[PDB]
Amino acid sequence: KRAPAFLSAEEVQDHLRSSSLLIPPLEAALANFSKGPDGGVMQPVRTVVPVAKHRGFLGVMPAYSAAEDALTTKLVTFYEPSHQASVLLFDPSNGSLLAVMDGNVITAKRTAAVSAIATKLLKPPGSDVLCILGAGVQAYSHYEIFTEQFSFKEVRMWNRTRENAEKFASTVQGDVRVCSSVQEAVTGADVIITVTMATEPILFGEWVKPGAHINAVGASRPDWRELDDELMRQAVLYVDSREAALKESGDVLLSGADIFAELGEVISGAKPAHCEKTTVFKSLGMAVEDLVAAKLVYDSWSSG
Amino acid sequence: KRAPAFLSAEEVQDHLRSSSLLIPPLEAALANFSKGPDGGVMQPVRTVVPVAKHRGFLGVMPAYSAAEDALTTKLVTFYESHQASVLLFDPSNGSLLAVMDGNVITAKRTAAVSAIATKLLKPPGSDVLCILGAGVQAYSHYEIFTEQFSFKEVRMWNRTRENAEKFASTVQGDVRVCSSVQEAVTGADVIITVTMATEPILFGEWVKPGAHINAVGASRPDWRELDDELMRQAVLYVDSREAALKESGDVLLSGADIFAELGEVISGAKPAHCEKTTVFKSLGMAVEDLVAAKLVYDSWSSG
Ligand SMILES: NC(=O)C1=CN([C@@H]2O[C@H](COP(=O)(O)OP(=O)(O)OC[C@H]3O[C@@H](n4cnc5c(N)ncnc54)[C@H](OP(=O)(O)O)[C@@H]3O)[C@@H](O)[C@H]2O)C=CC1
Ligand SMILES: NC(=O)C1=CN([C@@H]2O[C@H](COP(=O)(O)OP(=O)(O)OC[C@H]3O[C@@H](n4cnc5c(N)ncnc54)[C@H](OP(=O)(O)O)[C@@H]3O)[C@@H](O)[C@H]2O)C=CC1
Ligand SMILES: N[C@@H](Cc1cc(I)c(Oc2ccc(O)c(I)c2)c(I)c1)C(=O)O
Ligand SMILES: N[C@@H](Cc1cc(I)c(Oc2ccc(O)c(I)c2)c(I)c1)C(=O)O
Ligand SMILES: [K+]
Ligand SMILES: [K+]
């Protein structure tokens, strides 16, 4: 038995600079995962252990991928540096723990990448306007990859605290139009990203342009929601994992919306991408996404 | 973020030298676990992820203890070799404080819980100890049992006789190596089964009435160390009912009824029927690793 490598957030960052290297293996993983028993992924739905005394939670997210031949576990905490994560990478041939690495950078990057994959498939024709609700870590990681991958004529932002949206707009490279309400930000928007910690709906279907695509990334708890019933039930609903969406997403559970497809099914050709219709991609994240990122990082680090 | 501490196997051993210090917090943890919600332990049943391509398995064992105010996760692999690591978090903010070897922790806490069960359940006049198996668990059980108890004779059987002789010459006191399980258990007051046998090796017919058995091996729903006569005739104690019903082939395949959790005995909710033949079926649970990891981390961080 020997000690694992430790890779800091900076070291992870140094080995995850290129979305063109992250997107392809994510697409493959989503597809393989959605094949279920016809693929090679073993991923139990995330386990959450409450830490009631301190208003905290520990998420446990193991996965094995036969196709990548990779074995990982992400451990994530949230306390009401509030979000923290670590990823463990094992030698799949003998179980040895090879690496413990920061999970924060990975969470930022793989989440944004999965949203970008969904948007490539689901954005309507004439997607000129992007709208981001929220101004935190995920707002930044999404903005980064979306402006790399796509060309929008306008990017808009609303945030609960306007000052933080204005800081965002000052910090990032391109022009961001800070809006005074959600309604203003989303009216006329073709692609929407919701990356907030809202617990009750902030985005109402009445305001959404027919055909818009929404990446619904927040409200990551079964009692929490970012979207109203009109939007959840009017939109064609795509998810990352059916099992996770029906356990963890308040938007899905409380609206009672039918799930049309997993993103992986669209990628593999099993289900259609109805980009012309108003679409919601409800994202929860899942262990195999962390596995893909951790493997990329580890392979890059270990090869020099 | 601050880098976590990494504690190797030898550093863990260096900070778990005293069973005297490990037993009391384990007793409290077992009692609190068995109290259920009001005991403050959050411990989901072990998740096992198969790695079929390499004939392996990953088990993930998280726990929170309100009483100790500690948050851990053990990750263990078994490949058809067992390797474990324990992560210890700051419970107030989720920061990863330590990554430590899990093999030494597992060896120590398992032996300690067997010792707790044995203190409660060994028959009056217990003079003879028998160990079946001769691997890591045999060593840890031997160390703590000869420290906590006073046996007049210790016997051992192992499938491979050479490894039992190596054990007998390696450990401090006298060990009588026996050529069969039956020989080793005949007349024994306390028995420890620490093998990877998949089919029964220990038959109730051979067990002295009143004997206490710590059944530590066959840690899979399709594996067994004990026969039906022993499992059905003995008073059956476990660490976790839920885990025993999911993970133990001895319990599942025999159809035996579980009398009590060890924690219920400790708290007084269930009696210790030490006069009867008793089996403590140990699966292990996350809160035991939590106790040991906290003791280790606290000792190490103190200097
Ligand atoms: N689908 C997935 O895979 C992943 C999901 N997430 C989820 O994404 C969301 C954003 O995460 P992250 O960027 O790291 O978090 P951050 O803490 O960095 O930012 C949180 C954002 O939510 C806003 N906010 C907090 N409370 C409310 C509220 N009551 N109403 C409206 N906005 C609010 C904040 O605004 P303000 O400036 O006013 O404080 C801020 O813009 C979270 O819900 C998170 O759980 C994260 C990663 C994985
Ligand atoms: N209840 C709990 O909390 C814990 C449970 N365990 C379980 O305890 C047992 C021992 O673990 P450990 O000491 O680490 O393992 P080791 O690998 O160190 O030793 C294995 C032992 O099992 C024997 N053995 C292997 N196959 C058979 C067989 N078919 N029949 C009879 N004996 C056999 C070996 O004998 P030989 O020399 O001939 O190979 C050896 O004595 C295992 O079953 C393990 O899963 C351990 C961790 C915690
Ligand atoms: N959503 C991000 C960050 C995040 C992680 C965790 I653990 C969180 O706590 C809970 C609490 C109860 C639950 O039932 C669930 I599901 C999650 C929250 I709120 C957010 C991620 O997945 O990393
Ligand atoms: N018993 C020791 C070591 C150990 C750990 C693991 I993961 C093992 O593999 C499986 C495979 C399928 C299962 O259903 C179960 I339950 C366990 C085995 I065999 C042994 C411990 O608990 O650490
Ligand atoms: K659309
Ligand atoms: K007894």
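The lettering of chains (A, B, ...) simply tracks the order of the sequence lines. The PDB entry numbering applies to chain A: residues 2-81, 89-312, in that order. Following the PDB entry, chain B residues are numbered 2-81, 90-312, in order. Ligands are counted one by one from 1 in listed order, and the atoms in each one are counted from 1 as well. Side chains included, hydrogens not; waters and symmetry mates left out as well; all remaining heavy atoms used.
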Report task. Provide the recorded name of the drug at ligand 3. Result -> liothyronine
Report task. State which chain has the largest number of heavy-atom pairs within 4.5 Å of liothyronine (ligand 3), named as in UniProt. Result -> Ketimine reductase mu-crystallin
**Report entry** Other chains, non-hydrogen atoms under 4.0 Å from liothyronine (ligand 3)
**Finding:** A
Query raised in the report: Taking heavy atoms under 4.0 Å, what residues and nucleotides bind liothyronine (ligand 3)?
Result: A:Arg47, A:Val49, A:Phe58, A:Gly60, A:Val77, A:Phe79, A:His91, A:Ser228, A:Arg229, A:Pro230, A:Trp232, A:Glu256, A:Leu292
Requested in this report: Specify which UniProt NADPH-site residues in chain A come within 4.0 Å of liothyronine (ligand 3), measured from their heavy atoms.
Outcome: A:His91
Report task. Go through liothyronine (ligand 3) atom by atom and flag the ones less than 4.0 Å from a non-hydrogen atom of A:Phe58. Result -> 9 (O), 11 (C), 12 (C)
Query raised in the report: How close does the nearest protein non-hydrogen atom get to atom 6 (C) of liothyronine (ligand 3), and which residue and atom is it?
Result: A:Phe79 CB, 3.6 Å
Query - UniProt 3,3',5-triiodo-L-thyronine binders in chain A under 4.0 Å from liothyronine (ligand 3), heavy atoms - result: A:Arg47, A:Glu256
Requested in this report: Just need the protein heavy atom nearest to atom 12 (C) of liothyronine (ligand 3), so name the residue and atom and give the distance.
Outcome: A:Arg229 CG, 3.5 Å
Query raised in the report: Tell me, which protein residue and heavy-atom name are nearest atom 7 (I) of liothyronine (ligand 3), and how many Å apart are they?
Result: A:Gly60 N, 3.6 Å
Query - Top protein contact for atom 3 (C) of liothyronine (ligand 3), by heavy-atom distance - result: A:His91 ND1, 3.8 Å
Query raised in the report: Is there a nitrogen or oxygen of A:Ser228 sitting under 3.5 Å from a nitrogen or oxygen of liothyronine (ligand 3)?
Result: yes
Query raised in the report: What atoms in liothyronine (ligand 3) come closer than 4.0 Å to a heavy atom of A:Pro230?
Result: 14 (O)
**Report entry** A:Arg47, any N or O under 3.5 Å of liothyronine (ligand 3) N or O
**Finding:** yes
Query - Atoms of liothyronine (ligand 3) close to A:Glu256 [distance to a heavy atom under 4.0 angstrom, numbered from 1] - result: 16 (I)
